[PDB]
Amino acid sequence: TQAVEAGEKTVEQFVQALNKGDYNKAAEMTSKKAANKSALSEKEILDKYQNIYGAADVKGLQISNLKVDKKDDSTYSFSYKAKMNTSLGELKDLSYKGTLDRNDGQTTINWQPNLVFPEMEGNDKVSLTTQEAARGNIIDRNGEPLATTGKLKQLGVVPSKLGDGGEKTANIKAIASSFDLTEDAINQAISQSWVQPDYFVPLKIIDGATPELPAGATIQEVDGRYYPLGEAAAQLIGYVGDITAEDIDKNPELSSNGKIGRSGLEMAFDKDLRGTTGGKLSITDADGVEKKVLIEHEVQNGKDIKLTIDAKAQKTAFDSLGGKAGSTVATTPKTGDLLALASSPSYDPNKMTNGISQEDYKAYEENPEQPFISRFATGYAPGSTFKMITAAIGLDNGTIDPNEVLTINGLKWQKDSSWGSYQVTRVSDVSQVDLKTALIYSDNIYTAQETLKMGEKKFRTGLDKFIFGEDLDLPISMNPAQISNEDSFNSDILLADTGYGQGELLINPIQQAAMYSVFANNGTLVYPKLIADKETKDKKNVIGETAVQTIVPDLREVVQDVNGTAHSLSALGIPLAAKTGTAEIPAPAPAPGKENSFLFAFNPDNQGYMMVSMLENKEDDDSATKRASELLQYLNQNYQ
Ligand SMILES: *C(=O)[C@@H](NC(=O)Cc1ccccc1)[C@@H]1N[C@@H](C(=O)O)C(C)(C)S1
């Protein structure tokens, strides 16, 4: 019975070729054209599958429940069931028939129409009508639009209504001087390869008032994706682009005429936002008369998505960065609601999703400050803000006495002579330094000595209670925060640097706002939350409640004391508990070192808001504390 063994392989070899998209190789393992064999030629079957399976974007043909027999001398009948994925979802429970033929020694298939779809017969045709689904909206915690689809005023020119010569050059200089467009770019689009003398060539997108129209300038209304806050949330929201042929080859349930998320939340939530395509896939007669319907369902528009983001806080946080490199994260620390996730510099998502030049796109990628980076998801060394956690660990294990006063002389210190030339450095030469004094002046030497006194085992014991190595349940690509490169410092120097927020620490701004939430929840860490409806998740007993009641009053003095590093914030007249930081980054080539300014601040009275702002590669005299007054006033007013 070794004949049925070769027959099951012939059917298996045929389905694989169809599944692999190679229709020619599938057509070669069929029999010759005859009434008792195949119904079409090899090149005729190739065009049959390519036209039909291609029009429906058939992908992932897989079979099951195969049964091969032997009816006559060389007529071995076979049957199975199959399923496939098309533009309108999955087509399951398909009953296929057909027969085989094993003359000579090879088992060829007697091809028939019913090997394309179960009920195909002779010269039956296939039709596919689809209704595209509208993309869902992205909204803030109060329903404000962050990413919607709407009507736009598109500026464009037609070469015929421009004129002939001289008069045509004058309007090109007139259209360029009325819509903020380059005079050398109007002809760059008029003289493209696709242009004809009467076509409507697009130009710029008017995002407000429609000015006067020179000779040969029409504004047509076309619908497209629109981002109200613009660059203020471009990294977080992202942008959508035209769907390509390879996008369909990867997921046929898309829409060749639709838009797909290319970055940010538009890409992370692409499935829930794009919806599902409607329409029907049916088999018709030889004359086009509908015979059998294969797939059909209504068009379902995309779901809206409500974020915890405050649209007003998002814009204020971004604008406060003045276009400099940095990022700001604002939360309601008791719940974890991410109120703002700003990153600067940024790109224009409206220009990105509508029409953008290869020149402006190259300016974004070749910009050294890298406007495409989501800096709120980029790991940094936390700097001196991390002293709050090193101190709280020292209070939890009894290593740090808040009233114990260390005697530090000078601006440099080392454990012993084995450290060589390296020394911990502080900025203020305060002789008598206790915990409160250390947090006010941000004393690295106090922090380094208390860290070395604590020891690595006790230090990591307190550190592991946080979220180092954890993957936050957020729709944002990020790497987990890390304490060091390996599970052991293996260096007293690296142990000290980690104490005051340097060393090999890597914590992104979002993870910092999560780790620092303990000081607004009596030692309970509250995980951040971006989706409004999602349930609040927390982590009990990260630090002791005694340490919180000890450090938070000291953090008030970082603002209120005359020599506090955040004393400029006392001008606000609002209850503030803050901690500043300026992390130093080593330079590759012999170049001046780069510095990163940091600011942590929250309301110690009502715990209504908490923020963590930073500047990457800060300019001189620039800082995050310098720019925080406006956002702090808003968060204190609206989030209590
Ligand atoms: C924490 O970040 C500490 N920073 C340093 O020791 C590095 C440094 C950077 C610039 C100048 C001098 C030293 C301390 N905290 C910051 C801060 O709170 O801004 C200080 C500049 C006070 S030093």
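All residue numbers given for chain A refer to the PDB entry; the residues shown span 39-678 in order. Both counts, for ligands and for their atoms, begin at 1 and track the order of listing.
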query = Of all chains in the model, which has more heavy-atom pairs under 4.5 Å to ligand 1 than the rest, named as the PDB entry has it?
reply = Penicillin binding protein 5
message = I'd love to know the name of the drug at ligand 1.
response = benzylpenicillin (bound form)
query = If the model gives a covalent tether from benzylpenicillin (bound form) to a chain, what residue and atom sit at the other end?
reply = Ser422 OG
ask   = Which organism of origin does this entry record for chain A?
value = Enterococcus faecium
ask   = Using a non-hydrogen cut-off of 4.0 Å, what is the binding site of benzylpenicillin (bound form)?
value = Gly421, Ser422, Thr463, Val465, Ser480, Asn482, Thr603, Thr618, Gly619, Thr620, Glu622, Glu633
